[PDB]
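What follows is a model of copper induced nitroreductase D carrying bound chloramphenicol.
Sequence lines map to chains A, B, C, ... one by one, in the order shown. We number chain A the same way the PDB entry does; the residues here are 2-74, 87-202, in that order. Just so it is clear, chain B uses the PDB entry numbers, and the residues here are 2-74, 87-202, in order. For the numbers below, each heavy atom of this structure counts, side chains included, while hydrogens, waters and symmetry mates do not. All ligand and atom numbering here is 1-based and tracks the order in the structure.
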2 protein chains.
Amino acid sequence: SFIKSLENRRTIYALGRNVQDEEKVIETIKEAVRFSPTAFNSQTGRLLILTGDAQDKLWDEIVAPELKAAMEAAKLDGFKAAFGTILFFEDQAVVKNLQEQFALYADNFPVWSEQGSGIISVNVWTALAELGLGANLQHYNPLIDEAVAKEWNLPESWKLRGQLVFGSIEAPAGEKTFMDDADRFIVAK
Amino acid sequence: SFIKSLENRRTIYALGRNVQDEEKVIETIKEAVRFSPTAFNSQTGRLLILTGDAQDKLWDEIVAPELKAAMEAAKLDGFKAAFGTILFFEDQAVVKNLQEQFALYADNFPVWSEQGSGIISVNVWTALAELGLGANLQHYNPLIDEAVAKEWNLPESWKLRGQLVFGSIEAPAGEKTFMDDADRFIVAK
Ligand SMILES: Cc1cc2nc3c(=O)[nH]c(=O)nc-3n(C[C@H](O)[C@H](O)[C@H](O)COP(=O)(O)O)c2cc1C
Ligand SMILES: Cc1cc2nc3c(=O)[nH]c(=O)nc-3n(C[C@H](O)[C@H](O)[C@H](O)COP(=O)(O)O)c2cc1C
Ligand SMILES: O=C(N[C@H](CO)[C@H](O)c1ccc([N+](=O)[O-])cc1)C(Cl)Cl
Ligand SMILES: O=C(N[C@H](CO)[C@H](O)c1ccc([N+](=O)[O-])cc1)C(Cl)Cl
């Protein structure tokens, strides 16, 4: 059931490293992005997938110091304790090329790219949940962008949009409420 | 298989009205939105679901004339021929309230709302594909926004983002290529 798969995806903050088949996890991350739609099949999403030492480095050597410096002008341990982090970027070189090819609709491509980032982020999140792995989505962009690009030698054109922290589920999702259907769905014949 | 469900979703332009259980279709549309994540559980997505006479009216009485007037300053028959159209909006009143509650991060909420629209659009699209129904995603916003709001008495705060045309599959999806994995995925340990 696709709907059941959607329901199974939740924000899990308590994450560990009890992950049995990392190769299968990577395969599924790639597939979830591969089969996601993007405007004009532009495929603007880019991923940096960090585990092990690189996972430790992101949180200890980049996020923590950047955040401290930012604040001046715990939760991090929880993120570090996870198995890995998937950093989602949108390739601005491709967006700019589309804007150049289709000037009358230049305003659309950044919007559709942003939508595209949401799309691939949740498809990956849901795919991970199907494997029994939890995840949560963070936003320490744009603070960490430069340091991340330098450390992993990323193209300047990759614009960081989100960081999906993932791993084994160590405690259940919290409670979550839903709006009244009547306030968000209108059906007319 | 969640990945298989993703692969099964495609852009289908040749759509008909050979839909067996409209109530089940509506149920699934609602569920796909219900179980989609949004920042702060803000649930900013709003849907207008049109079938039958309302489907005819949208394309014949709103999109066609607006587009003509716009151009001055076929494909439409293909959209009209579908069973229905799901118009996706984002509730700007909720976005503004979040911006007010969290002023330091006011810039984030419009971005996350845009991502949210992508998220619910593709979750609905994929859910429909699981039922064997095809769909395609159009963007005649902002040209049709005012006329749509007036005809179906929608709140001013609903900002139209996309229109998912759906129905029975009358011809297969076209060919689609994929980028080289090496150009969009980096894995580091
Ligand atoms: C676009 C987007 C941005 C989000 N931003 C964050 C964030 O920065 N930090 C965080 O902890 N959760 C974040 N969330 C998680 C949402 O708060 C969560 O998805 C929502 O409360 C629904 O709960 P669920 O994921 O368990 O279904 C984000 C979700 C989405 C879709
Ligand atoms: C954010 C977004 C906007 C899109 N805009 C349009 C559009 O306005 N008109 C259209 O015919 N297709 C549109 N598409 C469809 C894409 O071109 C299509 O998803 C892509 O070529 C991949 O093909 P597939 O949907 O068969 O997998 C859009 C897709 C996405 C995700
Ligand atoms: O072709 C364009 N717009 C047409 C006009 O109706 C249409 O809206 C459209 C938009 C996106 C698209 N896509 O993502 O493949 C296809 C057609 C421009 Cl965005 Cl270049
Ligand atoms: O709380 C905020 N930011 C924190 C700071 O780290 C964090 O980025 C966050 C963002 C979104 C979120 N959500 O969508 O529920 C939760 C925490 C503001 Cl956006 Cl109000």
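Looking across the whole structure, one can locate chloramphenicol at ligands 3 and 4. Lab note: other chains with heavy atoms under 4.0 Å from chloramphenicol (ligand 3) -> A. Proximity of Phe41(A) to chloramphenicol (ligand 3), defined as any heavy-atom pair under 4.0 Å, is shared by backbone and side chain alike.
With respect to atom 8 (O) of chloramphenicol (ligand 3), the closest heavy atom belonging to the protein is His152(B) O, 4.1 Å. Atoms of chloramphenicol (ligand 3) lying under 4.0 Å from at least one heavy atom of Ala40(A), given by number and element, are 14 (O). Ranking the protein heavy atoms by distance from atom 5 (C) of chloramphenicol (ligand 3) puts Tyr118(A) OH, 4.2 Å first. There is no protein heavy atom closer than 4.0 angstrom to atom 17 (C) of chloramphenicol (ligand 3).
Among the ligands and ions shown, the ones besides chloramphenicol (ligand 3) lying under 4.0 Å from that drug are ligand 2 (flavin mononucleotide).
Of all protein heavy atoms, the one lying nearest to atom 10 (C) of chloramphenicol (ligand 3) is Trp125(A) CH2, 3.7 Å.
As stated in the entry, the source of chain A is Lactococcus lactis.
The binding site of chloramphenicol (ligand 3) (heavy atoms under 4.0 Å) is made of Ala40(A), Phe41(A), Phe115(A), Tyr118(A), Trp125(A).
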Measure from every N or O atom of chloramphenicol (ligand 3) to the protein's N or O atoms and keep only the pairs below 3.5 Å, writing each with atom names and distance to 0.1 Å.
unit_1	atom_1	unit_2	atom_2	d
chloramphenicol (ligand 3)	13 (N)	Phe41(A)	N	3.4
chloramphenicol (ligand 3)	14 (O)	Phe41(A)	N	2.8
chloramphenicol (ligand 3)	15 (O)	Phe41(A)	N	3.2

